[PDB]
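Structure of interest - contains fluorouracil.
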2 protein chains.
Amino acid sequence: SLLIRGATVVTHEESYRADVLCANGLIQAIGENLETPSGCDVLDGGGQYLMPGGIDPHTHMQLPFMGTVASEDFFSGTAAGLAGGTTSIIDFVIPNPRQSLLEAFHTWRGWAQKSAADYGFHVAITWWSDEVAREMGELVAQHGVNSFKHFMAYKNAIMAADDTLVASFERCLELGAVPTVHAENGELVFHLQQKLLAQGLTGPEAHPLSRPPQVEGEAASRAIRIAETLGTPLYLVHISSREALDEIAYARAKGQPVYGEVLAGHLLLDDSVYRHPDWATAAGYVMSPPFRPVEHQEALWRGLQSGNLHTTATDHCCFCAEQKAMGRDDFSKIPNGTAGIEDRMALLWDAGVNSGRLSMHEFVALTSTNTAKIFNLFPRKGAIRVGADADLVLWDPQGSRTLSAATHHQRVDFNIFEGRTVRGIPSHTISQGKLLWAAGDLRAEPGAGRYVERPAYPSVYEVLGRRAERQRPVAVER
Amino acid sequence: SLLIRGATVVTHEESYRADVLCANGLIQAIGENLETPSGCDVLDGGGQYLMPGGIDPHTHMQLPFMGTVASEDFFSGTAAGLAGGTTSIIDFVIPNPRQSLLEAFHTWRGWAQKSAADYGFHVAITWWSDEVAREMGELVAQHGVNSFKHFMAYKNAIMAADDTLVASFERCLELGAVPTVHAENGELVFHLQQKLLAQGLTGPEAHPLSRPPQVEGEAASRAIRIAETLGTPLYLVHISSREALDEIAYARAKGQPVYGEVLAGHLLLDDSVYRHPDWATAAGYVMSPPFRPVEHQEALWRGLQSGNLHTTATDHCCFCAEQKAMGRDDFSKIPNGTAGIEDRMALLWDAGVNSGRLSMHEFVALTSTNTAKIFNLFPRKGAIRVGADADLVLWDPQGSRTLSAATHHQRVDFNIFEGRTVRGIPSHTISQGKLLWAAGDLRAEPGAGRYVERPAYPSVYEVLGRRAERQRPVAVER
Ligand SMILES: O=c1[nH]cc(F)c(=O)[nH]1
Ligand SMILES: [Zn+2]
Ligand SMILES: [Zn+2]
Ligand SMILES: [Zn+2]
Ligand SMILES: [Zn+2]
């Protein structure tokens, strides 16, 4: 067992002084001056905040992508997450077009076995067939999946057109699963990539130009309105643009259950990074959606503060310099993705809590609880309560960390926040009730993490069901 | 010649007392107390308003569509327009998929020869190839077309997917042509049509349900953001929804040249019409986009008042009861379209000017001048000035008319405003300087109308060109 003594418990709504006892993977007791069970380890949390461990619902450990394999694997990535206070991930099974979802799922389960912390999967719908629909049902019923990812870009690869989006969202409704979407208009991206290449703009600076913000705003609008028409919730991953945020807010204001995810990179970086004179440095920022003109960062922060963005994630998708350099002569061939799993919580704390943009409670909601609620893992995760999983982070508000690819635990040679110093850091991370990060000592072990099943029908589906029953079409008798 | 004496001239900006002299198809003189050329006819306009004749940029005379042919042909339609104060139309060449645009154009030119008033064409892009792109160039350079229509709905027929919209909008940019779009998400419409039919909901009441307002809002967003990304203006036909209006306003607020067209029906009717107990009556309202819940009418009115809707039109697409009954057992096969060319101006005047929603100058701007400006026909049309085409309407603000299919000149057995009495009517209509409608006497003649060419590169393309210049990508020196 593990007793965290003397900390201030900080949840998504309140703070209070209490000790927290963990045992058998679970939170066993909470209260002032808890008794210490015999042989129980005690962690002194005086002067620190005890919060739910971060949940990162958007990682791509060792993803085969754009001709290569992410340099971070499921062990190194979940270990780096733990060092950063993140205690569980939701990654992505991405079947190739025409590949069985179940085949890809089992393969990814093999890849993820080595995880050091709890992990789960969204499954991407990269093609459509009656068999895909059948496999979605088996994944939900047998394999603990309750969310299905759709890529609206990546034309001629994993892109889902409207017919697949409609069919899949309908299937999601039938299964009580959450559709999630990468919202970029793939036709416009493809068109602009070729146009820029044809003009000789082959450098990383052309990457943002090939997918300007309205391309994301458009696709967000479309996913949102498909979801509205079919009667599903919708989770939009990595929102980077005012245009997309405004579409989310516009939907939420019509009473539609639309959730927005945001990455620290898109809150804090602007598209000037792509004009760095060093090719490899500029290419290190290449991900989709790309980093945006500065006005979008303020809009996204406002989205967090207004409740129109709901979760934070990292799109953790690591490629080293030699991998990025696959696109040295063609930006469209730069494997897209940045690292972030280790850094998300401290970046958001430092930028959001220290500044007074976000309360500490909002920080908790945005780093674990909302993700848990949306994907039906609350209060198993994201909650400090008896019986919840003992995934916790002890936070030193006065601690300091300097982010650097030379010192981070992420198995990648680039950090998009290289040299940034943050105040407020995870001093300790507890996963499954075990102390896996302790003031610079990482004790992550390959294979320790559990695959986490997520039950279908999060409670939003109860409300939608009542709505649908109220708005049933009714023929006029003549 | 024809001298209109003693009226108040009302333009899109001002009112003033003056006589107007027409000769040789043109406005020859304007001023108080004009002298009368010898033998020139004199029309007494005392106590009336002399405005530019209405321009209806959205008609479908004798269109072959949904298994049949509109019951209004180019003569009966343009004649009925004259009776209602509308002096010119822009209709649509709609080539079948894989059909040559030039071939369809010359066919429509043949059908339109019988027009009684000036007429022009948009050309619809119902498929794509290098030849379509080549033919578009010829239509602009040789045949006076400067606007190309795209249907985002009507899947498996004339629907254009993103790949065609991108290629075609790009071509429009190259040609200085205005892209126009019918904005409904075709996949959602198709999906819902099949779902409603599968549920046994076959009546006209299922028609609005098969394409609710967000499917228009979505398609409007998409067309708008393709136009933004490619750098074109965009004209959205028959906006019916708050959702689509809000997308236009959003785009306009980003500095994008987006124009919105609205029909009287969508300003004044709600979707309850489709639940009428009489099947033929409900079917008479079946057009796309369909009439909408009440809140959308007030939104559209505000759009006109705020400058986010720019033109009025009718989508004049006439089918009689027996043609409508082609979908007696399947609403998806009711030929879509309503009549309106004769009624637009009176409807808008009575609902907009009498009520104080719109000034008389806004009425002129919305019934002729804005359409002329957008499609590069200003000041040849939509203008009371020396040298402009003598297309005029003399308006009796105290005159009354009751709209009825039994008495209108539109060759169709249904009027969506049956029984509505309007105050403010066209007493006289002048087209090419000739009195073709006079106090109940229609004098339209087959073949009298001229085909009206529209030059490419309306001034908006000058601004866009400077903008594109300012925004051209610069490679990073490495
Ligand atoms: O930047 C990215 N976008 C989408 C992905 F799937 C990924 O791995 N990286
Ligand atoms: Zn993505
Ligand atoms: Zn991703
Ligand atoms: Zn239309
Ligand atoms: Zn039409």
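Lettering of chains follows the sequences in order, A, B, ..., and the numbering in each one begins at 1. Both ligands and their constituent atoms are indexed starting at 1 by order of listing. Basis for what follows: all heavy atoms, side chains included, without hydrogens, waters or symmetry-related copies.
- One finds fluorouracil in this structure at ligand 1.
- Counting heavy-atom pairs under 4.5 Å, the chain with the largest count for fluorouracil (ligand 1) is, by its name in UniProt, D-hydantoinase/dihydropyrimidinase.
- By chain letter, the other chains having a heavy atom closer than 4.0 Å to fluorouracil (ligand 1) are A.
- At the heavy-atom level, UniProt-annotated Zn(2+) binders of chain A within 4.0 Å of fluorouracil (ligand 1) are as follows: A:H60, A:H182, A:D315.
- Those atoms of fluorouracil (ligand 1) that come under 4.0 Å of a heavy atom in A:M287, given as number and element, are 1 (O).
- Of all atoms in fluorouracil (ligand 1), numbered sequentially from 1 with element shown, those under 4.0 Å from a heavy atom of A:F151 are 6 (F).
- Residue-ligand proximity, A:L63 to fluorouracil (ligand 1), at heavy-atom distances under 4.0 Å covers atoms 8 (O).
- Polar contact check, A:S288 against fluorouracil (ligand 1): a nitrogen or oxygen pair lies under 3.5 Å apart.
- Nearest protein heavy-atom neighbour of atom 9 (N) of fluorouracil (ligand 1): A:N336 O, 3.2 Å.
- Other ligands and ions less than 4.0 Å away from fluorouracil (ligand 1) are, by number and name, ligand 2 (zinc ion), ligand 3 (zinc ion).
- With a heavy-atom cut-off of 4.0 Å, fluorouracil (ligand 1) reaches these UniProt substrate-binding residues of chain A: A:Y154, A:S288, A:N336.
- On a distance-only criterion, A:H238 and fluorouracil (ligand 1) share no N/O pair closer than 3.5 Å.
- In this structure, of A:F65, A:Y154, A:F319, A:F92, the residue bringing a heavy atom nearest to atom 3 (N) of fluorouracil (ligand 1) is A:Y154.
- Residues contacting fluorouracil (ligand 1) within 4.0 Å (heavy-atom distance) are A:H60, A:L63, A:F65, A:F151, A:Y154, A:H182, A:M287, A:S288, A:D315, A:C317, A:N336, A:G337.
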Show the distances, to 0.1 Å, for all pairs joining an N/O atom of fluorouracil (ligand 1) and a protein N/O atom that are shorter than 3.5 Å, listing one pair per line.
unit_1, atom_1, unit_2, atom_2, d
fluorouracil (ligand 1), 1 (O), A:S288, N, 3.0
fluorouracil (ligand 1), 1 (O), A:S288, O, 3.3
fluorouracil (ligand 1), 1 (O), A:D315, OD2, 3.3
fluorouracil (ligand 1), 3 (N), A:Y154, OH, 2.8
fluorouracil (ligand 1), 3 (N), A:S288, O, 3.1
fluorouracil (ligand 1), 9 (N), A:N336, O, 3.2

